[PDB]
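See structure below.
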Amino acid sequence: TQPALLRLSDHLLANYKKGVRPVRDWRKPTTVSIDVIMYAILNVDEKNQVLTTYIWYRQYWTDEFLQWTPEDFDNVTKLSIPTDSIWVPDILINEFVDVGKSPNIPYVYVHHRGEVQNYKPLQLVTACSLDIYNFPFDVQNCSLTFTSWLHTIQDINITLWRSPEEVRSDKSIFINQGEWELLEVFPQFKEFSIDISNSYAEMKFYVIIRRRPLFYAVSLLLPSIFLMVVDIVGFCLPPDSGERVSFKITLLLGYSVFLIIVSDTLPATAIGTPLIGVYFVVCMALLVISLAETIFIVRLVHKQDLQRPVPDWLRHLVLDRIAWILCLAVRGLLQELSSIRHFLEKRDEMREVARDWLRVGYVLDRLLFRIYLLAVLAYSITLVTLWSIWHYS
Amino acid sequence: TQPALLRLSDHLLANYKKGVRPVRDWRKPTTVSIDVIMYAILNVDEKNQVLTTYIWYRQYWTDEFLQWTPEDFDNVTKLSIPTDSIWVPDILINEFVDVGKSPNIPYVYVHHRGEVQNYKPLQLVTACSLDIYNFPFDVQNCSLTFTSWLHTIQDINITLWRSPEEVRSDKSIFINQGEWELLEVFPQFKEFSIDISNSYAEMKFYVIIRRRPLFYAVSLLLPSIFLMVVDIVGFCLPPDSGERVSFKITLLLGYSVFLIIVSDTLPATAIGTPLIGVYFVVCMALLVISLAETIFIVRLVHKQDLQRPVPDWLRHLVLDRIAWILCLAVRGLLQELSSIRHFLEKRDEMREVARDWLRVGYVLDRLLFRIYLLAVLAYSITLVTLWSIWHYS
Amino acid sequence: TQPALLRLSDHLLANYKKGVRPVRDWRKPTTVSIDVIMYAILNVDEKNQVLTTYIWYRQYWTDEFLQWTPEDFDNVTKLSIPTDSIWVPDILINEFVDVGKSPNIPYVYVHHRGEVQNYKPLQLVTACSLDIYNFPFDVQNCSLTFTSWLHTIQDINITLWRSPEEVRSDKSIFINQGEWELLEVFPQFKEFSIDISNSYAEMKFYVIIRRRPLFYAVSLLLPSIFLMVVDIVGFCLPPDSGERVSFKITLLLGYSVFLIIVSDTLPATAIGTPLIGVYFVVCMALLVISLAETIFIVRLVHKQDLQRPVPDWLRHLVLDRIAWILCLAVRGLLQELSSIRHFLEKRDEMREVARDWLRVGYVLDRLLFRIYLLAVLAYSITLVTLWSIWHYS
Amino acid sequence: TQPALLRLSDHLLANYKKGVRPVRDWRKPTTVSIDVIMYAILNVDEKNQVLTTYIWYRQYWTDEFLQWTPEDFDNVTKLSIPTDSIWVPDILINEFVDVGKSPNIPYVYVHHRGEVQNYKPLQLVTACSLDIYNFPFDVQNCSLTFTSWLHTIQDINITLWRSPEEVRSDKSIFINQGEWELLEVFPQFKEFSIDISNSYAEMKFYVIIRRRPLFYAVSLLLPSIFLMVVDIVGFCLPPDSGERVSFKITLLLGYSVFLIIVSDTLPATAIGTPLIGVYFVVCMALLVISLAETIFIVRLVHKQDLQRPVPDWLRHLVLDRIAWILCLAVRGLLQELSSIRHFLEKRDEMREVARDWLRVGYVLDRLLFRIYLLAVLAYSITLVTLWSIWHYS
Amino acid sequence: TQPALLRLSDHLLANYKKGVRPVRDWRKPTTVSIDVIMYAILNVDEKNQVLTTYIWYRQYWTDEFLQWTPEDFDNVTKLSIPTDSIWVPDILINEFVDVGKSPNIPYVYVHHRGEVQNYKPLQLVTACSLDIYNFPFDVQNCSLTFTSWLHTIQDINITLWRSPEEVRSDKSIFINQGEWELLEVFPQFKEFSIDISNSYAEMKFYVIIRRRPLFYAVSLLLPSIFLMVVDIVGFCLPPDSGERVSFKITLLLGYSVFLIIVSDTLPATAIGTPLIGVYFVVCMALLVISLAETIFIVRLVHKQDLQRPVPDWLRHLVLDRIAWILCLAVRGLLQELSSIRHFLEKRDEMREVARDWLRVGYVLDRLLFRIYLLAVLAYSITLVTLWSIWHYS
Ligand SMILES: *[C@@H]1O[C@H](CO)[C@@H](O[C@@H]2O[C@H](CO)[C@@H](O)[C@H](O)[C@H]2NC(C)=O)[C@H](O)[C@H]1NC(C)=O
Ligand SMILES: *[C@@H]1O[C@H](CO)[C@@H](O[C@@H]2O[C@H](CO)[C@@H](O)[C@H](O)[C@H]2NC(C)=O)[C@H](O)[C@H]1NC(C)=O
Ligand SMILES: Cc1nc[nH]c1CN1CCc2c(c3ccccc3n2C)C1=O
C-alpha cells in the first residue's frame, strides 16, 4: 500500500526504546558535535560574581537505529521527529548556579544515515570570577564548559561542529549598545577528572568582554572637576572677613556627601577598591590642605593683644619673598591733656601693630595660593597624560 | 448507528499521528498565516535594553488529514479539538531573552477542508535597541520577528492573515494612559540565512511607540526654574553685609543635591547622557558666575589698610558707566592739642578712602546685575522658542 | 453483582471522550453560569496601571453524557469526579497581563441530571486605568471581564448563577484594615465583537474601591503645618541682627529637601500631578514672599554712607501708618578746638540719620508681619473649609 | 508461586480506581486527622497584611479498598506506595493569597487495615490582620484554617491526630534568634457555612507570636537621647554672641532629617501611626520651645536706640526673681568744651542703658534654663517609669 | 536471536514495579551511601537567618531486582537507565525553608550486581543561626542534615561513600573571590527521634565559613579616621572669632548623617549590635567633649560687663599651669576736662579687664588641646594593638 509518508515514521518508531544509548556495539562512544553563537550579555553582577548571558546552541550526534534507505519511501532524505520520542544526551555546564528560563523546541531533524540535529536557545546563569582592579577600563574573561554530567569518556565524547577559527571570529548577531562589548569566543578541548578511573569530556568556551567606559567617566569626573573649580574661586575671599572658613567647611561637607553616592552605585570585590579609589582620596586630601591653609592664616591676622613680630621673621618675608618670587590752675591743665594724649596713643599703637601682622598675612597668602595652584595643575595634566597613552590603539 | 456527533471525532482521530507534518506529498510546504494585535506596553527598560509587551495572537494552517464531508455527519462544518492531539508548528521570536507567563488555551477549531485555527495570548520579553538622545521627546522603533525555529523554507513558510494596511491602522484595544503611546505596527516579510543552503521564513513586525513627555517636563523644570528665581532675589542683598556669600554657597549646595536625585530616576545608555544633560550644566555654570561675581566684589569693598584708587580707574567708572548705561606753659598746650588733632585726622582719612572704594563697588554691582539678568532672560526665551517650534504639528 | 458504588463511576466513564463538547445536538450551545466573591485587594500599582486581587470563583454547566438514574445505583444522587477526566470550558479574562499563582482543585461535583459544579480560587493580575486626580480621596473603577477565549456565541454562552442584586450587596468575607475599601461589585452582560461573523459572550464585573485617606493626611500635613509654624516664629528676630536671613534660607533649604521624599513615595500618572500638588507649591511660594520681605528690609536698615530719607516718604509712613493701622597763642587754641568739635559733629550726624532709617524699618516691619499673618490664616481656614464639606455624608 | 513481596502491591492495585472516594457505603464520611508543627516564621509584612511561615504537616485517613491479611504475604504489616496512585483528599487553607514553593514527597504509608499516612512540609503565604498600635511591644494573633475545598460535611470531616494540649505546648524545633518569638499554637474545630444546606468542616489553628523589641529600642532612642543632650549644651552659649540662633536651627534641621529615615524603615497601617509616634512629636515640640526661648531673648538684649526699662518690670525681675528662686577768647573756649562734653555724654548714657537691658536678659535666661531642664527630666523619668512596669513579669 | 543490546533493557524492565522498595526479604533495610562537594556560597542573609549554597551531590544504593550475568549479553557490565523508571529514595534536608531551582538529570548508572549510581547538582535554601557579635571578623557554623523523610531506620539507613577525612579536606572546586571563605565540611552520623518507636537516620554535614574582612574595614575606618582629623585642625581656630562653634556643629551634623548610612548597609540580629557598634559611640562621645570644651571657653572670653577674676583663680592658672606643664572762667575749664578724663578712663579700665580674661582663656585652651590630643592618640594605638594581635596566625 501507499497511503502517505507517515509510513516512514511508524516504520522508524514501531519498536524504538528511548532509554537505550543508540549503538550496535556497546564499546564505541557516541560523539556529540556542538556549536555556539553568543547573542546578548544580559547582566554582569560584580558583587555576587554571577554572569547572565543568552546564546544560540546546536548539536548533532549519530543514531544507529534511525536509518532507512530513501527509496521505498518516495525519496525522503530527512524528516522532523518530536524531541521526546528519541534518545537525547545530557549536556550541561559546570558553572551553573541557577536555571534560566528558555523556550522549548519540540522537534529535531533526522537524516537518512542517522544524523540527528538539534537546535535550541539557552539562557545561562553562570558563575565566573570578576576582577575590577581598573574599574571602567576592564576586560573580563569568563568561561563556559559544556560537559556530559553522567556518562564518562567511554560513552560520550564532545567535539566541535566547525573549525575553531570560524567560531572565534563570529560577532554577527550580537546585540550592541548595551554597556558591554564582545571581543571573542575561543573554544578549547580538555578532559576532566577528580578521582581515578573516571574521565569526562568537556569543551571550554572562553568569553572575553570589555566594558564601555564612557558614561562612568563623565558621571565621576564632572562632579570631581566641578568641586575643584569652586575651591579655587574661594581663595579670592579675603581671610580677615570671617567667611573663608565657612566657605571651606561647607564645600568639604558637600564633597563627602558625594562619595557615599559613588559607593552606592559602584561595587567592590573581596580584594577591595579599584585603582580609581586611590584617585578620589588624593582629591580628598587636597581639600584638607586648603582647609588647613585657611585656619593657619586666620589665626595669624587676628586681633589678640598683639606684639610686634620678629624682625628676623619680617625681613625674609616682607623683603625677600616679594623679590625672589613675587613682583597752679595753668599747670593743672596740661597734666590732664597729657593723659588724654596717652589714651589716644595706646589706641593708635595697638592699631599699627595690627597692620604689620596684616601685611605678613597677605604676602604669605599669595605665596600659598600659587603653590596650591601649581600642584592642582601638575596633578591634573598627569591624570590626562595617563589617559592619552591608553587611548592610542 | 447514530449515537451522537462524537462519531466525527473518533473517525477523525482513530489513527492520527501528531508527530508527522501533515502533507500527502512531502515536497510541498505547510503555509502558516499569522496576525497580531498589540494590547499593552508593560515595561520599557532603558538600562538593560529590554521591552515587555502583551499581544493577542492568532494563526491558521492546512491539515491534509483532518478532512471530512459534512454530510454523513449531520451537516457539521466545524468542531473544536484539544490542542495536544494534533500537529502544531513551532513559531518563535528571534528577539527572546526570557519566557513570559501566558495563559494556556486548550482548544482549536477545525473546518471541514482541514483549516485549523489557533487563538492564544502571549506575553513577550524581547530585546530591542533604545536610543534616548532626546530623552522625553523620543520615538522608539523595536522589532518582533516571528519565525520557525527548526523547519526551513521548504517545510514551513509564513504569510499574513489579512492585508498589511489593516494591520497597520489597528489601535482599537490598546490600553492608554500608561506613559507610552502606540503609533503603528508595520509588517514585513524577509528570509533569514546565516550559512548557505539553510533559509528560514520570517515576518518582522515593527512596533513604533512614543513617550508622553508631560510629567518629566514638570518634574525637571519646576525645581530648575525655582532655584533660578531664588538666585535673582539674592542679588538684592548688600555685598558689605557678610551674608551674600553664605547665601550663594548654600543655594549652590542645594542645587548639587538635586542633580543626584535626577540621575537616580533617569538612566543613560552606553552613548552617554541625553541632550537635556547639556541644559543642566549650562544652568549649573550660570550659578558659578554669580558666585564668582560675589567673591570678586566682596574682595573689593572691604577694609584692609587701603589706598585711594587709581584716578584712571575711577574716572571711567564713576563718570562714564553711570552716563552711558545707568541713570612755656601756654606753648606746651597746643603742641599736645595738635597731636590730638593728628590722631583724629588719621582716623577720618582712613574712613573717607573706604567710602571711595564703596562707591566703586555699587556702580559696578548694578552693572553686573543687569548683565546677568540679561543673560538669564535671553537663554530662557531661547529654551521656550525651541519648545514651541516642536509643539506645532 | 453488587461490589460497591464504584460501579457508578466506571459505568459513567467507560467510553467517555473528554475532548468533545458534550451535546447530543451540535446546534445548541453550552451555557455556563458563573459567580464571584471578592476576598482581598492585594496590590494597586498606580505607575504600571496594574491591579492584583484574589477572588473565590464557581461555575456550573450541563453535561449531556454524565447522566444516570439514581435507582440501580443505591440512590446515589451526586458524586465527585476528578477534574482532568471530563470536559472543562475555557473561561478567561480579557484584562490579563500576567498569570497569578492559584491552588489546584482536583475534584468536581456531578449531579444525576448532568449538572457539573466547579469551585476554585483565583489570583488575578489585571490591567485597569487609574486616575489619581484627587489623590487620597479617590474612588477607582476597575473591570473584570469573563469570556470564552476560543468558542463563539453559538458554542458557549455565559450567564449568572444568582441574581445581580445578591452579587452587588456581598461584602461578607472581605479582608479589611488594608488601605483599600470595597464598595460594590456590579455585574453586566455584553457581547464582544471586533470583526464580523464572530461574537463572543462576556460578563463584566465592575469593582469599585475607595482609598482610606487617613495616614496620607497626617504624613503630609504634619510636616507642612510644622514648617509654617517655625517660619512665623522667625519674624520675631530683629532684622538688623544678621541672623534672620540665615534663618530663612536654612528653613527654605529644609523644606525643599522634604518634597523630594514626598515624590519618592507618591507616584503620578501620565496626566501629571494630582490636585494636592497645587497646594504644595502655594505653600512653597508663600515662603519665598517671606524671604523677599526679609531681603527687602535688610537692605533698608543698613549703614551705607546714608542720606536723610524723603520727607514725603517719611510723613505717610511714620505719621499715617501708625494711626490708620497700628497703635596769638590764645587764638591758636580755639581754632584747633573747633576742628575737634567738627570731627565729633560728623560722627554724630551720621549716627542720627541711621536712626531715622531704623525707625522706618520697624513701622514697616510690623505692617508686613500682620499682612503675612493675615494671608496664612485666610488660606489655612480655606483648606479646612473644603475638607469639612467633604466629610459630611 | 512465591517470587517476592511485590505480589502484595499488584494484588492491591490491580483494579484500583483513584478517582473514587474510598467507601463501601456512600453514606459514611471520610475522616481526616491532621497535625501541625510550626518550624519558622519567614516574613511578617505589615504593609500588605501578609504572613509567611513554614510548617511540617501530617495527616491520615482510612481507605476501605487497601486492606489485606498479613498472612499469605509473609507477615507484611505495612508498605510504601506512590502518592499519585491512590485517592488523596483536598485540604486547603482559607487564608491563601499566593502559592508557596514546597518540596514534593512522592510516597505514603499504608497499614493493613487501610490507614494511609501522609507526611509533607508546606510553605504558607497567608493573610492575617496586623495591628501595630504599640509597635515594638506587640503580640500578633494570626490564623490558619484547614478545610476541604469541594467536599461538604457529609463527605469529609476533619479531626485532630493527638490531643489539643500536646499541640499547644510544642516548641521543640522552632528556629529562634529571628526577630519573632512563637508563644503557642492553639487548635479549634468549627463548621463553615455561607448559604444554607452546605456546611464545610474546618479546623482553626491560632498562631500567637511576639516581637523581640531590643534592636528597635536602641535604633530609636540612641539618636533621640543624643540630640536632646546636644540641645542642653547649647544653652551655655551667651545669647548676645550671634551663634545660639544658628546653633538651634542647625540642630532642628538635623532632627527633621532623622524622622524621614524612621518612617522609611517603620511602616504604619490604615489606622495610622503607633503610640510611639506620639512620643516623637513631643520631643519635636520640646525643641521648638527652646528655639522660641532663644528668639525671645535675642530680641531683648540687642542695641536698638533703647530706652530705660519699666521700673515695675525691673523691680520684680532684678530683686524678686534672684531672691525667691536664684541665689571774649576765654569765654569762647569752654562753650566749645561743653559741646565736646555733650557728645561724650550721649555716648555714655546710651551705653549704660544697654547694660540695664543686658542684666535683665541674664537673670531671665538662667530662670528659663532651669524650667526647661526640669521639664526634660520629668518627662525622661516618666518614659522609664512606664517601661519598668512593663518589664516586670 | 541477537538484534542489539537493547535486549538487556527489556529483559531488565519487562515486569518491573517502581513503587516497591527493592528487597527480596522485607526485614533488611536499603543502605544509601551519599557524598557532597560544596561549589559556591551564593547568599548569606543575616536578617532572615537564611543560607543559600550550591552543592554537587551523589549517592548509590543496591537494587535486588536489577541484576544480570554479563555473559549472554555480550559482556555488558553497566548501562544507563532513565531515572523515572526505577525506585528512587526520598532524601531531603531538615533545614529547608524554600525550594531551589536545580537542573534535572534524567539518567542513572546500573552495574551488574544491582548498584545504582545517581549524580545530581542541588541548590539549597536552608536556615541556620548566624551570630554576628564580631561583625567583620566572624566565623559561621551552619548545618546540612540529609535524612529520609518517610521511611524509618528499619527501611532506609544512610552511610558515607568515602572516608570522613577525604570529605573534610576537599576544597578543589570552590569558587573563591566572593566575600566568603570555605574552611571545612565535616560529616557526622546521628539518629533522629521526636516520639518513641520512630527513629530516622540522618547525616549532618557541618559547613564552616569565614568572612573576608577587607572592604568592610576600609569602608568604615576611612570616614571614621577622616572626620577625626578634621576635628583636630578645627582647634587651631581662635575661640574669640565666632567660627569655632559653627565649625563643630557642622562637623557633628555631618558625622550623624554618616551613621544612618552605616546602619542601612550593616544589619543586626535579635541580640543587638555587634562589638564595633561600641567603637562608634566612643568616637561619637569624643566629639561631644570637643563641643563642650568650645562652648565652655566661648562663655569665658566674651565681653559682658565683666569684673576682674579671682586672684586665687588667676595665680594657679597664669603662674603655675605655664611652669608645670607648658613652657571763675579758668576754674570752670578743668572741672569739665576732669569729666572728659573720666569717660575715657572707664573706657580703658573695661578694656584691660577684658584682656585679663582673654589671657586666662588661652593658657586654658592649649592645656585642653593637649589633653584631648593625648586621649585620641592613646585610643588610636589601642585600636591597632587589638588588631595586630589578631592578625598574627
Ligand atoms: C464604572 O465604569 C463603568 C464604565 O463602563 C460605568 O459604566 C456605565 O454604567 C451604566 C449603568 O450604571 C451604563 O448605562 C453605561 O453604559 C456604562 N458605561 C459603559 C461605557 O458601558 C459604571 O457606572 C462605573 N461605576 C461607578 C460606580 O461609577
Ligand atoms: C486570638 O484570636 C481569637 C479570635 O478568634 C481568640 O479567639 C477566641 O478564643 C476564645 C477562647 O480562647 C473563644 O471563646 C472565642 O470564641 C474566640 N473568638 C472568636 C471570634 O471565635 C483567641 O483567644 C486569641 N488568642 C489570644 C492569645 O489572644
Ligand atoms: C479577546 C477574545 N475574547 C474572546 N475571544 C477572544 C480572542 N480574540 C477574538 C477576536 C480576535 C482575536 C485576534 C487576535 C489577533 C488579531 C485579530 C484578532 N481578532 C479579531 C482574539 O484575540
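Residue numbers start from 1 in every chain, and the chains themselves are labelled A, B, ... in the order their sequence lines are given, proteins ahead of strands. Heavy atoms only: backbone and side chains are in, while hydrogens, waters and symmetry mates are out. Start at 1 and go down the list; that is how both ligands and their atoms are numbered.
- The molecule at ligand 3 is the drug alosetron.
- Of all chains here, the one making more contacts with alosetron (ligand 3) than any other appears in the PDB entry as 5-hydroxytryptamine receptor 3A.
- Other chains with a heavy-atom distance under 4.0 Å to alosetron (ligand 3) are given as B, C.
- Other ligands and ions under 4.0 Å from alosetron (ligand 3): none.
- Per the entry, the organism of origin for chain B is Mus musculus.
- For alosetron (ligand 3), the residues with any heavy atom closer than 4.0 Å are B/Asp35, B/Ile37, B/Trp56, B/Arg58, B/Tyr119, C/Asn94, C/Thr147, C/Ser148, C/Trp149, C/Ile194, C/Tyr200.
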